[PDB]
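Featured here: a structure holding spectinomycin.
Chain A is numbered as in the PDB entry, which gives 1-258 for the residues shown. Each ligand, and each atom within it, is numbered from 1 in the order the structure gives. When the header is checked for method, it gives X-ray crystallography, 2.0 Å. Computation of the quantities below employed the complete heavy-atom set of this structure, encompassing side-chain atoms and omitting hydrogens, waters and symmetry-equivalent molecules.
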Amino acid sequence: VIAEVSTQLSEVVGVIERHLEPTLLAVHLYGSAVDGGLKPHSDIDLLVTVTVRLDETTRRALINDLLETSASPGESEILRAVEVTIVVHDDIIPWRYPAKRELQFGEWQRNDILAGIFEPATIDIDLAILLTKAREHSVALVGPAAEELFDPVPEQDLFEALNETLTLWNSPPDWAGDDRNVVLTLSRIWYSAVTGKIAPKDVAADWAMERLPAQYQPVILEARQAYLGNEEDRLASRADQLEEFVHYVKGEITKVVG
Ligand SMILES: Nc1ncnc2c1ncn2[C@@H]1O[C@H](COP(=O)(O)OP(=O)(O)NP(=O)(O)O)[C@@H](O)[C@H]1O
Ligand SMILES: CN[C@@H]1[C@H](O)[C@H](NC)[C@H]2O[C@]3(O)[C@H](O[C@@H]2[C@H]1O)O[C@H](C)CC3(O)O
Ligand SMILES: [Mg+2]
Ligand SMILES: [Mg+2]
């Protein structure tokens, strides 16, 4: 997608306001929209803070409505994948690890939502990472700056969430659908574990590529190119090369000490 993003952004915030205006504290645009800039496959990352949990019916109304504002990756030249994370004030302030996520919407749910599966509130270790990103780079579309609203996420909580995330990826079906992002996410986790910082997918990829034995450099170079829209994503082609990359990078992450 190469289209100006302000139209779809205003549609998505209109849906959020329509359901949540009376309990809304903040809407923050974050992720690559604010840090590095949207690339052809980039989603729109929104973080919504409410003062009270949602009624079940409000969860379903909002999830259904958000799906109508969103397009499956590669199915639209004008609409990006939309991602909305809702946190309840008293669940995330004061900061505790791990924290409860009230709601998340994203295109990975499309099938579920169309079958009437509405994901309920859960522990989400990923909030340690999302709130660290949002506090550093975001736009308050409404309410206070992320920096002021959210407590700092301790670096030990960041470090633990980065290492725990690696439990998701052990064998090839665990990354079957999502080969480019698992590769770029491994590079970002490795980068963040050594640096304590967060980098866009291409910056983390180039950092990783410097620090890899030459055998592992090709898979991350292909992922970095596909992220920038420069080359095709043919990472599923080279299945064995992918799993060796994953095992190699996980081992290198595991070596990084706190
Ligand atoms: N070290 C890390 N840095 C960044 N994101 C990370 C890291 N570790 C795990 N993640 C998760 O990776 C996901 C990235 O969100 P996503 O919207 O795909 O990223 P982005 O920076 O906006 N880039 P993109 O949408 O591809 O342009 C989130 O769930 C993050 O918390
Ligand atoms: C909260 N961050 C998101 C989640 O990690 C999510 N998967 C549970 C990610 O899924 C993705 O990698 C990508 O980025 C999504 C992330 O932005 O979002 C695409 C629509 C689907 C995907 O599978 O390609
Ligand atoms: Mg994004
Ligand atoms: Mg996202």
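Copies included, the model assigns spectinomycin to ligand 2. In this entry, more contacts with spectinomycin (ligand 2) come from one chain than from any other, and the PDB entry calls that chain Aminoglycoside (3'') (9) adenylyltransferase. The residues lying within 4.0 Å of spectinomycin (ligand 2), counted on heavy atoms, are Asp43, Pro73, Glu83, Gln104, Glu107, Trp108, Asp126, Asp178, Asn181. Here the heavy atom of the protein found nearest to atom 16 (C) of spectinomycin (ligand 2) is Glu83 OE1, 3.5 Å.
The nearest protein atom to atom 11 (C) of spectinomycin (ligand 2), hydrogens excluded, is given as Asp178 OD2, 3.7 Å; this is a heavy-atom distance.
Which parts of spectinomycin (ligand 2) touch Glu107 is read off a 4.0 Å heavy-atom cut-off, strictly below it: atoms 20 (C).
Ranking the protein heavy atoms by distance from atom 21 (C) of spectinomycin (ligand 2) puts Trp108 CE3, 4.4 Å first. Checking only distances, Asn181 does come within under 3.5 Å of spectinomycin (ligand 2), N or O to N or O. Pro73 CG, 4.4 Å is the protein heavy atom nearest to atom 19 (C) of spectinomycin (ligand 2). Taking any N or O of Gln104, backbone or side chain, none lies under 3.5 Å from an N or O belonging to spectinomycin (ligand 2). Near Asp126, meaning under 4.0 Å from one of its heavy atoms, spectinomycin (ligand 2) places the atoms 1 (C). Checking atom 5 (O) of spectinomycin (ligand 2) against the protein gives no heavy-atom contact under 4.0 Å. In this structure, the protein non-hydrogen atom closest to atom 14 (O) of spectinomycin (ligand 2) is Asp43 OD2, 4.4 Å.
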